[PDB]
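Let me begin by presenting the structure, written as structure tokens, before commenting on it.
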Amino acid sequence: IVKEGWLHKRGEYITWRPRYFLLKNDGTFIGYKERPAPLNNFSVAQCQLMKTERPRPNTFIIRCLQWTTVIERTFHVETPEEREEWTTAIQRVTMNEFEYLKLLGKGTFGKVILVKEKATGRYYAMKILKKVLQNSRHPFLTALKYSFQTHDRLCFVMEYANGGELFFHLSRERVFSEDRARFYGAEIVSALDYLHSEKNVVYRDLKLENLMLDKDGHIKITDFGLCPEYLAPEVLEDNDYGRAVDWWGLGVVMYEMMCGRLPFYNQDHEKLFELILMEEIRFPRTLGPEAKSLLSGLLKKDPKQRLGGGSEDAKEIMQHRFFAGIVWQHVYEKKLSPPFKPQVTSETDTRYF
Ligand SMILES: Nc1ncccc1-c1nc2ccc(-c3ccccc3)nc2n1-c1ccc(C2(N)CCC2)cc1
């Protein structure tokens, strides 16, 4: 522990709340609602500090590039010498190689472009951020093929699955069978397991929009971050959070696969946030009891009690009844037989673009 004490923190989602922070020698910087393994999401490594006076004097900002995504946390103290304490405490290929084809996403920090590589014909996604790295040896995360820089832009070329978005395949079919969900669920769990233990990283945005299928119908987890129905309670009320957020997410995604609908819904965001924090779930009668058990545990409102939420993390999901007779090393080596294969001949079949 290098320094500690109250700071004001801006509510990343639904404004300012005091919170007791702990900077540490490992890099970590975390805030608890009262005076109280490590995750690289909360680290200060290669971050960039910014004193400022908008929209409240003695404000400061930590901005970090984590992997291919820019992260901002904003704080505010009572006096400038105080802000200053904390501050000090805290401190080839080029664009010509590709065709630009479709705008996959815009946002504040940059753009994501569907791109064909001229020298091979193969399609990737290019993340371009307005102004070293070892990949994850795991097949269902999004791999980074090329990273390069121009004079005003940071460029990241990464896999882009050509098998369709899982949100579309579901919109079409309305609902998934309990065993198709099991297939998707197991790949996701393997992927998040890898991230949690091999990287000490949480994904935080597990939702349907962030899952696609490759040529073979296997899962790909997206890395296209540029900037409610899926937010964990813990995240709403703006606590310390951890690896369990991804399991809350996994429950929501699985709930919607197997019930063809969202576990909590409402047009008004404030009554949605109420529901997330207060309503227990009415599960369908049309639904297997091992499934019910998985979802109930994945969707527990207290992260410490949630399934996957203990010291064992993902091992607690992997050995649930619902996942009986899944060989996990099989999953990792893509040895499961996808139920759905999308309409696609080659890696390059633009049918789904
Ligand atoms: N490449 C991958 N493809 C598929 C899912 C996740 C990743 C992925 N790989 C990583 C590797 C490292 C790191 C990292 C995290 C914090 C601090 C430093 C590094 N992050 C990685 N992520 C990864 C990607 C996106 C996120 C967000 N959705 C954007 C903020 C949440 C989080 C984590």
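Using the numbering of the PDB entry, the residues shown for chain A are 6-19, 21-42, 50-104, 144-183, 201-296, 313-438, in order. Looking at the header, which is where the method is noted, we find X-ray crystallography, 2.7 Å. When a ligand or atom number is given, it counts from 1 through the structure's own listing order.
Modeled at ligand 1 is a drug that PDB records call ARQ 092. Most heavy-atom contacts to ARQ 092 (ligand 1) in this structure come from the chain listed in the PDB entry as RAC-alpha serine/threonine-protein kinase. Among all UniProt-designated active-site residues of chain A, the one at the smallest non-hydrogen distance from ARQ 092 (ligand 1), rounded to 1 Å, is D274, 3 Å.
Site of ARQ 092 (ligand 1) with heavy atoms closer than 4.0 Å: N53, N54, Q79, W80, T82, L210, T211, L264, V270, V271, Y272, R273, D274, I290, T291, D292.
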